[PDB]
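So, a structure with CHF5074 in it.
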Amino acid sequence: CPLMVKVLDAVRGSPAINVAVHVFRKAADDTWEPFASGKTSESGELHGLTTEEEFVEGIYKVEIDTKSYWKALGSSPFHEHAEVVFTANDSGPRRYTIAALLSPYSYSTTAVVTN
Amino acid sequence: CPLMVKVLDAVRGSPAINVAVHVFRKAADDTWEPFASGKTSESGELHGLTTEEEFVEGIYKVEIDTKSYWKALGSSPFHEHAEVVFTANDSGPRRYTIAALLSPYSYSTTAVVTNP
Amino acid sequence: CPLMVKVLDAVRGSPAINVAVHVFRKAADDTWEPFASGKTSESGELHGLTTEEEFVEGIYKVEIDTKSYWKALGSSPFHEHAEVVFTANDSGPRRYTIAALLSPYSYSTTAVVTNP
Amino acid sequence: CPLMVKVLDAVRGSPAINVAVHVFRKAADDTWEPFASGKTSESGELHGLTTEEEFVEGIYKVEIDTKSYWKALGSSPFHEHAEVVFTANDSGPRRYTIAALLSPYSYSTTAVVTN
Ligand SMILES: O=C(O)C1(c2ccc(-c3ccc(Cl)c(Cl)c3)c(F)c2)CC1
Ligand SMILES: O=C(O)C1(c2ccc(-c3ccc(Cl)c(Cl)c3)c(F)c2)CC1
């Protein structure tokens, strides 16, 4: 599993459950091409987005649908979504985790790149 | 000044100086139109992006050019940039500050919104 | 002003106002001695904690009273407080800003250090 | 496992490995009483600190030895350590994860409290 996403909620102190996540890859013409998608689990995690075969080097965008998340909780949020854009490079380690911590007016994100 | 950006550097314990910032506004046709740009000062602050008159209601994208910042420091970072996308001024004019904290493999951003 | 604190609120998208801050200094006997205290203003900023003369070399603890802040807003938070502990002025006088971002179950803090 | 700690490194984009962590419980006289300790694993995680039996309600402090961590990497850090102080309450969910993201002049921490 080369690409995982984990999302936490800083207001409730819990995983962010049932958040839609869409991943895109940058195409040669500079447009965003759909690549993978899913909803986070009870543990705030999304696995099995892709295989090693399909996950080639390039620029990827992970879009997290935070607006729908907050509204479903009755909270008015600031952002239209949260977007994480990065380069996958074969020289570095091969397993990528994109982790995000959400609040209504703020978010933080880090990368954990292993083995 | 209705739209400001302030950026700090978590590795140096200092303001993030000379960070390029580009702002876009979603157009009636649904693509990103260039709206304003600038770079942070020695205090890590960017003022004078726009005016009250020109900063009308819309969906704005503030793109903080984190990769160019780290690369100019000779460091290889993870992200291409940090984007903050939000609806602005839909309840009348407000003043917005986007505050950010940068590390090579992480960033945090928050918004400070003032005014009736 | 050689020691300042600035605090933002991630839930309201605003400065964190009326946050109590207590600073302690480790004493020759190795316990925490009270050093200074204050509360943040409407801009989320706390100035005037100490003076250049009194802010000598040592190990300082800046305790940001996050629980009292959230409880005064009628919210039940997780942490008792946020502590930032650091050696100061060991290479001569510097100016320090401790910047923090608060949510009910999370906080972030960073330091900005200026001067030769 | 009622109490877990997970530590990440924002400079390298990796787990924070082999970081000493000491947990204390507040005693009736307001002093900090040693409770549990360990070093984070290859995945930045520390498990098996305590049992449900010993983990009673009260105030706890999780001290992370970040200074030693950064110095072992050749980096001069700002903090003497990172401390996370919180109340364990039986009314809320029963599994606590304390997560921390480290940089030399900064750290962030959140709580993930589940089932
Ligand atoms: O398996 C992981 O990576 C976990 C994790 C631990 C810490 C965080 C976290 C902690 C702090 C910040 Cl600022 C950010 Cl962006 C992320 C996170 F999002 C996830 C423990 C769940
Ligand atoms: O002018 C402000 O608002 C200041 C400020 C204070 C705190 C931060 C800060 C502190 C922590 C985080 Cl996680 C974030 Cl995203 C921002 C910040 F970026 C800037 C004091 C400089």
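Chains: lettered A, B, ... by order of sequence lines. Here chain A follows the PDB entry for its numbers: 10-124, in order, are the residues you see. We're sticking with the PDB entry numbering for chain B, so the shown stretch reads 10-125, in order. Numbers in chain C track the PDB entry; the residues on display, in order, are 10-125. Throughout, chain D uses the PDB entry numbering, with the displayed residues spanning 10-124 in order. Just follow the structure's listing: the first ligand is 1, and inside any ligand the first atom is 1.
- Bound to CHF5074 (ligand 2) with the most contacts here is the chain that UniProt lists as Transthyretin.
- Within the structure, the other chains placing a heavy atom under 4.0 Å from CHF5074 (ligand 2) are, by letter, B, C.
- B:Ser117 O, 3.3 Å is the protein heavy atom nearest to atom 15 (Cl) of CHF5074 (ligand 2).
- Atoms of CHF5074 (ligand 2) lying under 4.0 Å from at least one heavy atom of B:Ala108, given by number and element, are 15 (Cl), 17 (C), 18 (F).
- Remark: CHF5074 (ligand 2) atoms within the under-4.0 Å shell around heavy atoms of B:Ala109 are 18 (F).
- Set against the non-hydrogen atoms of B:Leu17, the atoms of CHF5074 (ligand 2) under 4.0 Å away are 8 (C), 17 (C), 18 (F), 19 (C).
- Residue nearest to atom 14 (C) of CHF5074 (ligand 2), selected from B:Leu110, B:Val14, B:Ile107: B:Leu110 (by heavy-atom distance).
- The protein non-hydrogen atom at the shortest distance from atom 3 (O) of CHF5074 (ligand 2) is C:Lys15 CE, 3.0 Å.
- Ligand-side atoms of CHF5074 (ligand 2) in range of B:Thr118: 15 (Cl), range being under 4.0 angstrom from any heavy atom.
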